[PDB]
Amino acid sequence: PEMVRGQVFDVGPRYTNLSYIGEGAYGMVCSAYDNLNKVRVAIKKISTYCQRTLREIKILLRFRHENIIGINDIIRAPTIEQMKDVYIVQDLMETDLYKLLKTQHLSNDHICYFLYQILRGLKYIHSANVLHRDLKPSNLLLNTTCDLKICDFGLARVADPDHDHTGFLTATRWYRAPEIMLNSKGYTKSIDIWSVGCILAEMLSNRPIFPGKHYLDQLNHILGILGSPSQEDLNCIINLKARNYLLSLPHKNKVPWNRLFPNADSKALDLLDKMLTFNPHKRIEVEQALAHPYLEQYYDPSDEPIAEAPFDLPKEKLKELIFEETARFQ
Ligand SMILES: Nc1nc2[nH]cnc2c(=S)[nH]1
């Protein structure tokens, strides 16, 4: 067994010369040489935590799309008794958008291209009636030619708008839609669109637009820029405790986008405005975002595929489910 930073990375004959890349969720990430098609790859070691592991495997194996990270191989023991670690193999990318925003100014041409590819991937995901629910810059991988792939489906769910309602004060904080702090479990597609709006804002300025320190700090940051919600938007919130909290706040005026981003393309600001809408019912959907004049140069519905079909247990059946789902790579 090759060892990496004091750890067993038992990835067999096929994958050699492992280099530490970092640690995402789940554990260690190394790159490795694949001797079957002579190209380096990324390998994640996996040791509840079982739930999100299973969820992701199940989704990523069903999805096939240029803008979604795939699964090339899965390595595990031949038997359930012997199975401890599971190794996930994926295409090696150069960087993620979070690391990129820390260090690099982006041209409008790059912002436009990135945003197109995010939406193109999201169009597919939503057509399968799946919510990602944790879109943020670190879950967006880029290769050396700026091709983009969405990763980490650990928090993903099937859409369920009939059961979205919940109480007041019930994923990553900065990219959370406002309705989540107010009356929503985040079971509708509109919460992903909000996260893309945040990512877009972050691409225009190299900084998180709403960096809340905590739950309600997040909300007052949003309202500090969007302004106090209208009576019509408030009427949509029927839970008295959410509504009366909002009514207890001082009046805030909308800060116009062109003041926050004085050198942004005006078309980008017009799309941003429609993504970061307080009322989820008024918020643009992904197909409409794709058709927006900002993305005209890329928009091509015949090259924007949709999925062919849309989508509580003891720890014993879960180990077993992971085993069964990973059998195809044996
Ligand atoms: N560079 C890099 N490439 C990847 N492919 C799948 N995951 C990764 C990560 S976390 N980093």
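Starting from 1, each residue takes its place in the sequence as its number. Counting starts at 1 for both ligands and their atoms, in listed order. Header lists the method as X-ray crystallography, 2.1 Å. As a basis for the values below, the full set of heavy atoms in this structure was taken, side chains included, without hydrogen atoms, waters or symmetry mates.
Ranked by contacts, the top partner of ligand 1 (the one with most) is named in UniProt as Mitogen-activated protein kinase 1. In this structure, the drug modeled at ligand 1 is 6-thioguanine. The overlap between the UniProt ATP-binding residues of chain A and the residues with a heavy atom under 4.0 Å from 6-thioguanine (ligand 1) is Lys44. Considering backbone and side-chain atoms alike, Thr95 places every N or O at 3.5 Å or more from each N or O of 6-thioguanine (ligand 1). Residue-level proximity to 6-thioguanine (ligand 1) for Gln90 is carried by the side chain, the only part with a heavy atom below 4.0 angstrom. The single protein non-hydrogen atom nearest to atom 2 (C) of 6-thioguanine (ligand 1) is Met93 O, 3.6 Å, given as residue, atom name and distance. UniProt domain boundaries put most chain A contacts with 6-thioguanine (ligand 1) inside Protein kinase. For atom 11 (N) of 6-thioguanine (ligand 1), the closest non-hydrogen atom on the protein side is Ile21 CG2, 4.2 Å. Counting only heavy atoms of the protein, atom 9 (C) of 6-thioguanine (ligand 1) lies nearest to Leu141 CD2, 4.2 Å. In terms of protein heavy-atom proximity, atom 5 (N) of 6-thioguanine (ligand 1) is closest to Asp91 O, 2.8 Å. Every atom of 6-thioguanine (ligand 1) is numbered from 1 in the order shown, and the set under 4.0 Å from a heavy atom of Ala42 is 4 (C), 5 (N), 6 (C). The binding site of 6-thioguanine (ligand 1) (heavy atoms under 4.0 Å) is made of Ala42, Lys44, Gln90, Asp91, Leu92, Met93, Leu141.
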